[PDB]
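Drug on board: trifluoperazine.
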Number of protein chains: 2
Amino acid sequence: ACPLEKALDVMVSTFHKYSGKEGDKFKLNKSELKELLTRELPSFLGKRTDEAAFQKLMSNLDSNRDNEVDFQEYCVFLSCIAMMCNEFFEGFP
Amino acid sequence: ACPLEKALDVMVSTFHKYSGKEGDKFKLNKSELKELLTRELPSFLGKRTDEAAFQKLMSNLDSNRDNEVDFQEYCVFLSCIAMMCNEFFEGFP
Ligand SMILES: CN1CCN(CCCN2c3ccccc3Sc3ccc(C(F)(F)F)cc32)CC1
Ligand SMILES: CN1CCN(CCCN2c3ccccc3Sc3ccc(C(F)(F)F)cc32)CC1
Ligand SMILES: CN1CCN(CCCN2c3ccccc3Sc3ccc(C(F)(F)F)cc32)CC1
Ligand SMILES: CN1CCN(CCCN2c3ccccc3Sc3ccc(C(F)(F)F)cc32)CC1
Ligand SMILES: [Ca+2]
Ligand SMILES: [Ca+2]
Ligand SMILES: [Ca+2]
Ligand SMILES: [Ca+2]
């Protein structure tokens, strides 16, 4: 009966649902990242799903520049979205 | 529909379910933090937790030392739980 614990469970497991598909099992390459965003975050991705848009995502997220998104970098991304949601509650000051 | 967007929703909404009970409406005080842990993260806390341990947790989450957990501080905490979880999927080395 813990919604917040289930929500941490989904956030972590979803990462691995896609990261294990190709190459490094614990990181998202471009293709695995595209699947995750398109399937799991379509409200974020929204209308725009063109190739130069995923390029910028990869560039924003891949801060250590190994060409993949690891778990820490994915957490930073989810936490950026969480911050944007929080602004709604803070009344958009 | 989208478990990951629903998870983000729960992460962000649970903070505000407790933050707005007392004083600063956007921050958890020591008492609003205890209620959130106790009620929403019971596997993390365990049962019968002493004040030394709680105080440890508070000062750990409270990086700016103002005696409250703000949303940015709460995201660091969750992302640290998440990374502990991620170790299960990874080797644990
Ligand atoms: C089906 N229905 C479509 C729209 N969403 C809400 C979208 C906005 N949203 C949001 C905004 C303020 C506070 C909480 C939330 S939950 C949430 C989670 C992820 C995303 C995202 F997408 F950015 F990652 C957007 C949102 C609710 C579900
Ligand atoms: C097509 N796609 C549709 C959705 N928008 C997202 C609106 C911007 N916003 C945002 C900004 C930067 C990084 C992440 C997010 S997700 C998000 C979630 C909630 C809200 C909130 F709560 F403020 F509404 C706003 C945003 C991006 C473009
Ligand atoms: C009822 N039952 C209690 C036990 N949990 C699993 C506890 C550990 N858990 C975890 C471990 C590895 C991978 C994913 C997860 S989900 C998760 C979420 C939060 C916590 C926490 F608590 F630390 F925040 C612990 C866990 C499943 C449900
Ligand atoms: C009562 N309570 C039971 C839980 N333990 C937490 C120790 C485990 N751990 C952890 C460590 C530091 C910070 C947060 C977390 S939550 C967490 C989630 C999953 C796992 C995973 F995946 F490894 F199991 C281990 C942990 C604290 C005492
Ligand atoms: Ca991979
Ligand atoms: Ca990287
Ligand atoms: Ca408060
Ligand atoms: Ca603080």
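Below, chains carry the letters A, B, ... as their sequence lines are ordered, and counting in each starts from 1. For this deposited structure, the header notes the method as X-ray crystallography, 2.3 Å. Remember, it's 1-based here, ligands and their atoms both numbered in the order they're listed. For the numbers below, each heavy atom of this structure counts, side chains included, while hydrogens, waters and symmetry mates do not.
One finds trifluoperazine in this structure at ligands 1, 2, 3 and 4. In this entry, more contacts with trifluoperazine (ligand 4) come from one chain than from any other, and the PDB entry calls that chain Protein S100-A4.
Heavy-atom contacts below 4.0 Å between trifluoperazine (ligand 4) and other chains occur for B. The single protein non-hydrogen atom nearest to atom 12 (C) of trifluoperazine (ligand 4) is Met84(B) CG, 3.8 Å, given as residue, atom name and distance. Within trifluoperazine (ligand 4), the atoms closer than 4.0 Å to a non-hydrogen atom of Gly46(B) are 1 (C), numbered from 1 in the order shown. Within the 4.0 angstrom cut-off, atom 20 (C) of trifluoperazine (ligand 4) has one or more protein heavy-atom neighbours. Distance from atom 18 (C) of trifluoperazine (ligand 4) to its nearest protein heavy atom, with residue and atom name: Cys85(B) SG, 3.6 Å.
Proximity of atom 27 (C) of trifluoperazine (ligand 4) to the protein is indicated by at least one non-hydrogen atom lying closer than 4.0 angstrom. Nearest non-hydrogen protein atom to atom 4 (C) of trifluoperazine (ligand 4) is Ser43(B) O, 3.6 Å.
Among protein heavy atoms, atom 14 (C) of trifluoperazine (ligand 4) sits closest to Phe44(B) CE1, 3.4 Å.
Per-atom contact check: atom 8 (C) of trifluoperazine (ligand 4) does not touch the protein, criterion being a heavy-atom distance below 4.0 Å. For atom 24 (F) of trifluoperazine (ligand 4), the closest non-hydrogen atom of the protein is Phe92(B) CZ, 4.7 Å.
Residue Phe88(B) approaches trifluoperazine (ligand 4) through these ligand atoms, each under 4.0 Å from one of its heavy atoms: 22 (F). Close contacts between trifluoperazine (ligand 4) and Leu45(B) involve ligand atoms 1 (C) [criterion: under 4.0 Å to a heavy atom].
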